[PDB]
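Section: structure with imatinib.
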Amino acid sequence: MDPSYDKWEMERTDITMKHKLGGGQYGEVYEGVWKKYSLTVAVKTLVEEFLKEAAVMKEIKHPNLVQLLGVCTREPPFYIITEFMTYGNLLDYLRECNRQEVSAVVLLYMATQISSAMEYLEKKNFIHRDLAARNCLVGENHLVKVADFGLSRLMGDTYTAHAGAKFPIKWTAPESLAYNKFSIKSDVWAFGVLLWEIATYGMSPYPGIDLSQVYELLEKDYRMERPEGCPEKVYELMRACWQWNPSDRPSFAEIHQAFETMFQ
Ligand SMILES: Cc1ccc(NC(=O)c2ccc(CN3CCN(C)CC3)cc2)cc1Nc1nccc(-c2cccnc2)n1
Ligand SMILES: CNC(=O)[C@@H](N)Cc1ccc(OCc2ccccc2)cc1
């Protein structure tokens, strides 16, 4: 548009829509080419929830959060356009990677990048609410960005029903399960599970544990065991993220500083 206004609004026809991304696992999200820049992009298409997501994305900018490039929200069909990340979601990436290439230090790097995005969300007073390897993307040179694919009602037993809502029970903090309280500290809990996913090259958390007994075990102080090869200090960080009282969990500022330190 013309300033004589929303700088994010773009020309629908600047983009050649191609096929639905990841064989339909993200819902209405398409591979596209932003012709003017010769650039492959991801395009989410369709209201209030959709317009609210666009508004949030215009408020966030960080090298490890997926980057909004533009929107088409004047008339339907509405688009939200972001960069395309070459290697796809982190969960699949970890399962399928060359483990000699994706060594302990690369896992350290992925965790540091994600804690950096989370320290930024925290500073900005945002809550992710669904942090997990399936909502992270991998680009070149093991670049990792945090995203939010609205996976609740797309995805098996990863999400399970609660009052109109579906929750990923094995990523969900005890106070979220019991009182529907979500905060940056419930993201800290989820981050601990994400760290376990990273450490195990993408294994499912609480393997074989039925969902109905997760809260009970947590309340009895059960926590997942240290993964083979996970350094003691990284496991100690995981366990701190899984403190029963949310006020006892570290901040993302602290977590990131602890990884930044190890990484350096
Ligand atoms: C095309 C698009 C549209 C919207 C979004 N949105 C987000 O990723 C996102 C990230 C953070 C927030 C912050 N938010 C704070 C408030 N709480 C409640 C929710 C989280 C919101 C949206 C991403 C994308 N990108 C996207 N989506 C699906 C798949 C892919 C993709 C797949 C494969 C390779 N490259 C990219 N890329
Ligand atoms: C001299 N060498 C050293 O000091 C190494 N111990 C440095 C180092 C510290 C932590 C690491 O973490 C691996 C990891 C992180 C996140 C999730 C799973 C695994 C890796 C290397």
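Here the PDB entry sets the residue numbers for chain A, with the shown residues being 225-228, 232-273, 280-388, 390-498 in order. Counting starts at 1 for both ligands and their atoms, in listed order. We use all heavy atoms of the structure for the numbers below, so side chains are in, but hydrogens, waters and symmetry mates are not.
Taking every copy into account, the model assigns imatinib to ligand 1. This structure shows the largest set of contacts to imatinib coming from the chain the PDB entry labels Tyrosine-protein kinase ABL1. Set against the non-hydrogen atoms of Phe317, the atoms of imatinib under 4.0 Å away are 34 (C), 35 (N). UniProt domain boundaries put most chain A contacts with imatinib inside Protein kinase. Comparing heavy-atom distances from atom 16 (C) of imatinib across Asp363, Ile360, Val289 singles out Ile360 as nearest. Inside a radius of 4.0 Å around imatinib, no other ligands or ions are present.
As recorded in the PDB, the organism behind chain A is Mus musculus. Each of the atoms 6 (N), 7 (C), 8 (O), 9 (C), 10 (C), 19 (C), 20 (C) of imatinib lies under 4.0 Å from some heavy atom of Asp381. Looking at the model, one finds no covalent bond between imatinib and a chain.
Counted by heavy atoms under 4.0 Å from imatinib, the UniProt ATP-binding residues of chain A that qualify: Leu248, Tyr253, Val256, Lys271, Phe317, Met318. Between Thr315 and imatinib, at least one N/O pair is under 3.5 Å apart.
Taking only nitrogen or oxygen atoms, main chain and side chain alike, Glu286 reaches within less than 3.5 Å of imatinib. Checking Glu316, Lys357, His361 against atom 19 (C) of imatinib, the nearest heavy atom belongs to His361. The shortest contact between atom 12 (C) of imatinib and any protein heavy atom is with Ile293 CD1, 4.0 Å.
Using 4.0 Å as the threshold, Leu298 has no heavy atom nearer than that to any atom of imatinib. Listed by number with element, the atoms of imatinib under 4.0 Å from a non-hydrogen atom of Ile313 are 1 (C), 3 (C), 4 (C). Contact annotation for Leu370 and imatinib: only side-chain heavy atoms (C-beta onward) come within less than 4.0 Å of the ligand. Listed by atom number, the atoms of imatinib under 4.0 Å from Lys271 heavy atoms are 1 (C), 3 (C). If you check which protein heavy atom lies closest to atom 37 (N) of imatinib, you get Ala269 CB, 3.6 Å.
For imatinib, the atoms lying closer than 4.0 Å to a non-hydrogen atom of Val299 are 7 (C), 8 (O).
Where the criterion is an N or O separation shorter than 3.5 Å, residue side chain and backbone included, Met318 meets it with respect to imatinib.
The UniProt active-site residue of chain A having the smallest heavy-atom distance to imatinib, to 1 Å, is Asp363, 6 Å. Residue contacts with imatinib for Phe382 involve side-chain atoms from C-beta outward but no N, CA, C or O (heavy atoms, distance under 4.0 Å). Applying a cut-off of 4.0 Å to heavy atoms, one finds the binding site of imatinib to be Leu248, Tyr253, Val256, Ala269, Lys271, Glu286, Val289, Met290, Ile293, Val299, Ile313, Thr315, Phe317, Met318, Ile360, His361, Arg362, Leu370, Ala380, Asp381, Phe382.
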